[PDB]
**Q** 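The structure's right below; bear with me while I get my questions together.
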Amino acid sequence: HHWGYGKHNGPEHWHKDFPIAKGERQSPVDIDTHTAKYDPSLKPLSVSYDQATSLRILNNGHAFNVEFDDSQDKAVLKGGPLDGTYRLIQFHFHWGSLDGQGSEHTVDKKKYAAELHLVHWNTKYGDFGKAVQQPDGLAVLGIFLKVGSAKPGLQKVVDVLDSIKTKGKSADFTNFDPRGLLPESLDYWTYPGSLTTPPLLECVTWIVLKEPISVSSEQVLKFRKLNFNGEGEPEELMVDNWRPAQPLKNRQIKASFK
Ligand SMILES: CCOc1ccc2nc(S(N)(=O)=O)sc2c1
Ligand SMILES: [Zn+2]
């Protein structure tokens, strides 16, 4: 018995093994656009992904991760509300069984079809495992996906999913350029939060972009063909691997735009 998104082990049960689930800075949250405070102190984001080196794609039983070499400052995030340099380590998505759900964050209670998370860690802490123990250890860039026109930069990912259908499977995935997944504008909202899967540690500066990217129905359909289970196990489709919104408590969401 282990955590998941099922009836018997989903997000409402997580607190029994991970009591920080009922914490003061949990994620995701609903972004109320009218109560978000514009902050003119906030800088533009600096996304430097020209030298990224992707290595692998892995089905870990709850999503698929694209992993990067983070042994050097190749692909880094700076600026915005951040102090210091954060290295990209992996990205993954959360998605729904239907196009009207699947994102983790919501915007004025609107749900999107999926949410992309680009996970970065603060190089001051030397390794990812140390960074997750620090209140400023991680910076996660969140991008919403809406269904419409296809996203060409996503297709290389969609085409390899058949090779990692079940939990524990991995495939080589080199020379993938994550710049192809970014929207045109880098205007964002930011708040202090947590990992959205166990262990739910409260180490994340969330940076959620205002502008969604569009993907085709056929692309997201391919996500829903993945399996939570391992090969040879009873087939459970990997859908609805999103955590619902958590209370904001004593936090303020800031906007970099008005
Ligand atoms: C410490 C084991 O690695 C983890 C565990 C949970 C986790 N959640 C996220 S998310 N959904 O981007 O907030 S990235 C991440 C990395
Ligand atoms: Zn995530």
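Residue indices begin at 1 and follow the sequence shown. Scope of the values below: all heavy atoms of this structure, side chains included, with no hydrogens, waters or symmetry mates. Indexing begins at 1, ligand by ligand and atom by atom, following the structure's order.
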**Q** Quick one: what's ligand 1 bound to in this structure? I mean the chain with the most contacts, named like the PDB entry names it.
**A**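 The chief chain, as the PDB entry names it, is Carbonic anhydrase 2.
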**Q** Mind telling me what drug shows up at ligand 1?
**A**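 It's ethoxzolamide.
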**Q** Could you pull out the residues near ethoxzolamide (ligand 1) at 4.0 Å? Heavy atoms only, by chain and number.
**A**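 Using heavy atoms under 4.0 Å, it comprises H92, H94, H117, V119, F128, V140, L195, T196, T197, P198, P199, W206.
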**Q** With ethoxzolamide (ligand 1) as the reference, which other ligands or ions fall inside a cut-off of 4.0 Å?
**A**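 Neighbours of ethoxzolamide (ligand 1): ligand 2 (zinc ion).
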**Q** Among protein heavy atoms, which lies nearest atom 3 (O) of ethoxzolamide (ligand 1), and at what distance?
**A**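 Here the closest protein heavy atom is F128 CE2, 4.0 Å.
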**Q** Which residue annotated by UniProt as active site in chain A is the nearest to ethoxzolamide (ligand 1), and what is the rounded (1 Å) heavy-atom distance?
**A**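 The nearest UniProt active-site residue, by heavy atoms, is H62, 6 Å.
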**Q** So which heavy atom in the protein is nearest atom 9 (C) of ethoxzolamide (ligand 1), and how far is it from that ligand atom?
**A**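 Result for atom 9 (C) of ethoxzolamide (ligand 1): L195 CD2, 3.9 Å.
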**Q** Under 4.0 Å from atom 5 (C) of ethoxzolamide (ligand 1), can you find at least one protein heavy atom?
**A**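 Protein heavy atoms within 4.0 Å of atom 5 (C) of ethoxzolamide (ligand 1) - there is at least one.
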**Q** Give me the residue, atom name and distance of the protein heavy atom closest to atom 8 (N) of ethoxzolamide (ligand 1).
**A**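 Atom 8 (N) of ethoxzolamide (ligand 1) sits closest to the protein heavy atom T197 OG1, 3.4 Å.
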**Q** Are any of the N/O atoms on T196, whether in the backbone or the side chain, positioned under 3.5 angstrom from an N/O atom of ethoxzolamide (ligand 1)?
**A**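 By distance alone, the answer is yes.
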**Q** Mind pulling out the UniProt Zn(2+)-binding residues of chain A that sit under 4.0 Å from ethoxzolamide (ligand 1) by heavy-atom distance?
**A**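 Going by heavy atoms, UniProt's Zn(2+) binders that qualify: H92, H94, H117.
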**Q** Near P198, which atoms of ethoxzolamide (ligand 1) are under 4.0 Å from a heavy atom of that residue?
**A**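 This gives 5 (C), 6 (C) as the contact atoms.
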**Q** Help me out: UniProt substrate-binding residues in chain A, which have a heavy atom under 4.0 Å from ethoxzolamide (ligand 1)?
**A**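 Heavy-atom check against UniProt gives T196, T197.
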**Q** So if I look at chain A around ethoxzolamide (ligand 1), which UniProt domain am I mostly seeing?
**A**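 Per UniProt, it's Alpha-carbonic anhydrase.
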**Q** To check your reading of the model: name the closest protein heavy atom to atom 12 (O) of ethoxzolamide (ligand 1), its residue, and the distance in Å.
**A**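 The answer is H92 CE1, 3.3 Å.
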**Q** Under 4.0 Å from a heavy atom of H94: which atoms of ethoxzolamide (ligand 1) are those, numbered in the order shown and with their elements?
**A**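 By the 4.0 Å cutoff, the relevant atoms are 11 (N).
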